Enquirer: 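Can you read through this structure? Questions will come right after.
Note on naming: letters A, B, ... go to the chains in the order of the sequence lines (proteins, then strands), and numbering restarts at 1 for each one. Whatever order the structure lists ligands and atoms in, that order sets their numbers, starting from 1.
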2 protein chains.
Amino acid sequence: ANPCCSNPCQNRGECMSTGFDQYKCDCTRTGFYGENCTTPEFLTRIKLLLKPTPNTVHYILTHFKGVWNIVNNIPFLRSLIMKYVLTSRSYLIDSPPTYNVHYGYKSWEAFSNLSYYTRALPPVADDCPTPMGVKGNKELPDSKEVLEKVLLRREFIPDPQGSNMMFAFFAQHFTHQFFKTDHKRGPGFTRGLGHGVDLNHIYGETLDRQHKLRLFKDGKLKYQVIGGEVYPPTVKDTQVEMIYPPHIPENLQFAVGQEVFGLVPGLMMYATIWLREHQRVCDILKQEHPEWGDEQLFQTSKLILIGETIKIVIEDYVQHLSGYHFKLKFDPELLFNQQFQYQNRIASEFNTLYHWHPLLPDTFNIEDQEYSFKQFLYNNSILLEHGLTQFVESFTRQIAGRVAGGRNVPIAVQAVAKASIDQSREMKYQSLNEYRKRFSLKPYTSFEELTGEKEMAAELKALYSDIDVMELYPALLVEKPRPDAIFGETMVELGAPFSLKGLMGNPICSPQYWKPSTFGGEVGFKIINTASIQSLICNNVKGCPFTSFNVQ
Amino acid sequence: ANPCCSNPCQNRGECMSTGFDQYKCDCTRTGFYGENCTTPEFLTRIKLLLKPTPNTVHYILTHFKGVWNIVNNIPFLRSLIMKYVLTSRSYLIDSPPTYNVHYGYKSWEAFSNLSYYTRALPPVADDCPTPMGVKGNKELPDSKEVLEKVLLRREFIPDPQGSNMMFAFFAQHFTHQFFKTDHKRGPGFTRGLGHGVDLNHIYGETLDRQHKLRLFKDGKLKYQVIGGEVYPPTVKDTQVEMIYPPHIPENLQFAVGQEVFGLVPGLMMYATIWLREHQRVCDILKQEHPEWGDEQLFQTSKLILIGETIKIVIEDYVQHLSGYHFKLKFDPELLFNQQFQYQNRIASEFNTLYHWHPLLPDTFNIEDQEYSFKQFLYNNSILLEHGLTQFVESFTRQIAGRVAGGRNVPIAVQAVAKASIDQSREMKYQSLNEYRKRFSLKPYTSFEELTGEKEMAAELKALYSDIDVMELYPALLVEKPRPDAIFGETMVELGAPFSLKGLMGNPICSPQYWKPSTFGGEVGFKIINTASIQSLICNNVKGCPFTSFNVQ
Ligand code: HEM
Ligand code: HEM
Ligand SMILES: C[C@H](C(=O)O)c1ccc(-c2ccccc2)c(F)c1
Ligand SMILES: C[C@H](C(=O)O)c1ccc(-c2ccccc2)c(F)c1
Ligand SMILES: *[C@@H]1O[C@H](CO)[C@@H](O)[C@H](O)[C@H]1NC(C)=O
Ligand SMILES: *[C@@H]1O[C@H](CO)[C@@H](O)[C@H](O)[C@H]1NC(C)=O
Ligand SMILES: *[C@@H]1O[C@H](CO)[C@@H](O)[C@H](O)[C@H]1NC(C)=O
Ligand SMILES: *[C@@H]1O[C@H](CO)[C@@H](O)[C@H](O)[C@H]1NC(C)=O
Ligand SMILES: *[C@@H]1O[C@H](CO)[C@@H](O)[C@H](O)[C@H]1NC(C)=O
Ligand SMILES: *[C@@H]1O[C@H](CO)[C@@H](O)[C@H](O)[C@H]1NC(C)=O
């Protein structure tokens, strides 16, 4: 019955109901006027007829390698480009935040309550007739059918871009500091109240935890030496709360920080590399500051490690991911002369679009072995069995599945994939098209336009019947990838704006923070400014195993 | 022993210890280079030799009434001026926040932990020799001596600017949503985790509270009709936790929202006016939105009331306070084209500089009576006895004490004044001069320069011996007021930057929020844009008592 159920306001205007069966669009600053913020203002016209499309843009970024190699060596230009990608991307995210599972309207509860993931688009009014608003049928197609028909994996489809199990697991570890659904409250609620790259997955979400994981000597994190390698301390020694199956023999119940990283050796591999890293910096810092004490050593390293993380995430992780030939750059000063909010609130659409389960192969091949999901899970004895060096070697040399394209979700995690479907639904999401539009994309005219092929498209059409009812999660995985890429337009276009705001909207990037002394001097500032995934592994892994997020 | 104890870094450069008995200044972006961020860069030189002083600036703003009457009538100019006071003021506040009681260095703990009030200047290293760093004696002068000698009130000194008990009590009520020391943790810790104008003092700091204070009908706040007037409901009925002396007969234990507002009828007078206001808007909104429900009515009104508050605070409260002839303006768009962070962390220095106890008269004269502190306190029977209209009349017609100038602290709240002295000390504050400098002021060369007279100045010199050791709180109250003003340079120059950031760094002011629909339409947007203290009282008080923050 809500007159805004039809989602009538275009170009980002807001729908306000002014009656019962009447509504109104707040086209403020949308650049468009008219009943539904549709009639563009003259200047809008100009901009529109001059702005390339994500694909043409993507094309240039993907081709002309030579030109790019010139561009990448002319600092001004590089900063000029990065600055723009940085600003244009960011302008797509509401900051300060608005809307959440419970609020389709601004509200102070929505703004102040940090327990909710924010929303890029409001939920759907509960009294709307069809689950996507007004379009489509009384109910969406059965998630089990959707799952099986176009999601489940038949033959493992490797990713053409090259993503290996180093990339796959980094993505798990990294995003898991912020993606932490409080399943006690419901999807839509988070436990990462730090809403970003705060490194809580290393240090603990709370002071008590952090304090239990800490050594209180030279600023270091607690640990243990097994074999000759440095591993996280036990749950029995530290007493931190970790999630482990009742049969772990104790002694393998590592502590770490993010309570769920004991569930997969790939996470614990990284969790150990970072513990190692923290300690390393404590040493580097302590050499510079004989006068410092345990806290300033700790607090300063945590700042450096957060810097390294943001550096690696843009110049290695996202670089690989992008496919672009342009050398992305992590340089805070780029936004010192730009209007930019140094704050972030993680949106559930970024949580949902980030369920990259179609990256997990069918077996984890750790040189001389090929473990099953069943044997890999919760098995840190494998980790102690092979040990980082030959783990970075194994995983560096092991492609991951393709995310976009369709039918690549391991039937092992099919329960998780269906869950993504079911939750988006209970969270009253909007169609893939509403989202596409919200992100300046052109809505798909047919399921086939979506997929770029016919059998899945066909199966979708049978199921959803109207392209304008196609759900966001499924369509992201069942979507025509760009050339020899891992994802399609939708995934890169929604996630990009989200990923860059949380990375650049971190306080260490603010003019007041971005200065040497913040990090313990000009030496700690290099640590951040010279960080790479290769350096992270070289410095903390036994033999300087060569690494990459790309399989050779 | 900390080599930074001497506070060697000038022009806002940060001190980093690089040794044990060696330090270093991070003059980044300070505009100055050289060992102590002292040698100005050429461009700095230009700015410096062209920037008037707070007093000459103040002069112009205080004089030339006619010229101002012209400027106040040419929109462009007015926006042009307000925009600059708004931007220049704000650039004096670290946002994102840095430093706190426990951290003299940036730290993630400092940044993320919302339980601490932030710090404009870092605390003093615990291993520094003298309590202000390196300068002064092993101990500051006895607070009791300082209190009695230059703080306590002899003969009531009324404020030459005109402040009445309407102003005095509004400042109490308003600032008390954000100034809420958690005396169980220690000074330096706050309970207003909303860090600003969120109106928790009306709605409750928490959802549970809010929910108990709420009616759940038409979006209204719970209440009761006594006589014929509308007053807050009881603690018995609602069950909210209020602070009241064990002898309040129940039935006079009003609920309200800020747990300490039952302690003084002046607070409860406002707390009842705002309850009334909320309800009023619920009615206005409901008329516009027959389709809305209890939540949207509630959440929307709260946003409007937060708007009115920011409107009244800049165009009436700060307007009066300022003494300026220029018409201040609350207009969010002024900052839509400016770099500005829409966030705020309340600093303890703002808490301390805001203890305006020298405003309280010796008796509360409520037309036909002159109550003593002892009879006014916790006495809401007086409120029910006289009743808002003749309360706004009484208080409108009653000057308040002068804050600056010296010796005007009611001996009745001398315990609170001494406490301000004690706590600043325990919180390891810095001298008035360090603060003056941090706020682009010229340090006082003598106690007499500070006071603008000799007996107190003399008593101070006996006591502190070095001007450079004079403490921030005392000097604020014992300071030469500007002409016929209530405070001096330091109070206006520190508190200004603070007060404007918290007011303008509110999400409702952000481009995404500042739009009609956010407030329920173009109607609720007027409520905000046409708000005045006179309107607030007219609409909710029995006979439209004329009001003002100025005594005739
Ligand atoms: C073998 C490793 C993996 C396993 C077994 C696995 C398993 C799961 C499970 C059981 C959930 C929770 C399902 C629910 O009840 O809602 C989940 C959530 C998630 N997974 Fe994975 N996953 C793995 C790898 C990945 C990878 C490589 C990514 C890539 C980014 C990923 C991203 C996510 C995200 C973003 C969530 C949501 C986090 C949250 O909201 O708490 N997963 N995964
Ligand atoms: C008759 C009313 C008043 C009484 C009896 C009173 C009493 C007190 C007391 C006992 C404290 C706490 C002292 C401590 O630190 O232990 C305090 C704090 C404070 N008072 Fe007053 N006061 C009154 C009026 C005012 C007014 C009119 C203002 C003007 C703004 C004011 C501003 C403050 C501020 C800013 C604080 C700090 C709040 C906090 O940090 O919790 N007070 N007052
Ligand atoms: C820098 C580049 C861009 O903005 O074009 C870029 C940045 C971020 C992403 C990105 C997209 C989805 C999930 C995580 C990151 C991406 F795919 C591409
Ligand atoms: C707007 C005006 C200005 O900046 O000049 C202004 C702003 C804030 C204050 C102010 C000063 C001391 C305590 C509280 C507020 C003030 F006294 C004057
Ligand atoms: C605006 O949208 C409504 C609802 O979708 C539609 O019925 C109406 O005709 C549209 N009007 C214009 C001018 O676009
Ligand atoms: C956040 O808000 C929702 C509803 O307003 C509520 O269910 C949840 O408990 C809130 N959490 C807190 C800590 O206020
Ligand atoms: C765990 O790893 C060990 C050693 O790598 C392996 O032999 C075993 O099969 C795994 N555990 C399970 C339950 O499969
Ligand atoms: C810098 O500050 C220190 C400590 O106050 C002082 O002793 C030193 O002489 C100053 N040097 C310069 C060049 O300002
Ligand atoms: C904030 O920090 C201080 C010390 O680090 C601590 O005492 C306080 O409990 C912290 N609060 C929270 C919520 O972390
Ligand atoms: C409170 O004030 C009322 C009305 O002004 C007065 O009659 C009464 O004596 C006071 N209460 C007490 C306990 O004295």
Enquirer: Name the macromolecule with the most heavy-atom contacts to ligand 4 in this structure, as the PDB entry names it.
Expert: cyclooxygenase-2
Enquirer: Okay, my shortlist is lamotrigine, doxofylline, psilocin, flurbiprofen, pyrimethamine. Which one is at ligand 4?
Expert: flurbiprofen
Enquirer: Which chain letters belong to other chains having any non-hydrogen atom below 4.0 Å from flurbiprofen (ligand 4)?
Expert: B
Enquirer: Which residues count as the binding site of flurbiprofen (ligand 4) under a heavy-atom cut-off of 4.0 Å?
Expert: B:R89, B:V318, B:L321, B:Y324, B:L328, B:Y354, B:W356, B:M491, B:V492, B:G495, B:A496
Enquirer: What is the closest protein heavy atom to atom 18 (C) of flurbiprofen (ligand 4), and at what distance does it sit?
Expert: B:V492 CG1, 4.1 Å
Enquirer: Among protein heavy atoms, which sits nearest to atom 11 (C) of flurbiprofen (ligand 4), and what does the distance come to when rounded to 0.1 Å?
Expert: B:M491 O, 3.5 Å
Enquirer: I need the atoms of flurbiprofen (ligand 4) closer than 4.0 Å to a non-hydrogen atom of B:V318, numbered in the order shown.
Expert: 1 (C), 6 (C), 7 (C)
Enquirer: Suppose I only count heavy atoms of B:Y354 and a 4.0 Å limit; which atoms of flurbiprofen (ligand 4) are within that range?
Expert: 14 (C)
Enquirer: Is B:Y324 in polar range of flurbiprofen (ligand 4), meaning some N or O pair under 3.5 Å apart?
Expert: yes
Enquirer: Which UniProt heme b-site residues in chain B are within 4.0 Å of flurbiprofen (ligand 4) on a heavy-atom basis?
Expert: none
Enquirer: For atom 13 (C) of flurbiprofen (ligand 4), what is the closest protein heavy atom, and at what distance to 0.1 Å?
Expert: B:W356 CZ2, 3.1 Å
Enquirer: Filter the residues UniProt lists as binding substrate in chain B to those having a heavy atom under 4.0 Å from flurbiprofen (ligand 4).
Expert: B:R89, B:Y324
Enquirer: Under 4.0 Å from a heavy atom of B:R89: which atoms of flurbiprofen (ligand 4) are those, numbered in the order shown and with their elements?
Expert: 3 (C), 4 (O), 5 (O)
Enquirer: Can you list the flurbiprofen (ligand 4) atoms lying under 4.0 Å from a non-hydrogen atom of B:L328?
Expert: 1 (C)
Enquirer: Of the UniProt active-site residues in chain B, which one sits nearest flurbiprofen (ligand 4), and what is the shortest non-hydrogen distance (1 Å precision)?
Expert: B:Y354, 4 Å
Enquirer: Among all the protein's non-hydrogen atoms, which is closest to atom 8 (C) of flurbiprofen (ligand 4), and how far away is it?
Expert: B:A496 CA, 3.3 Å
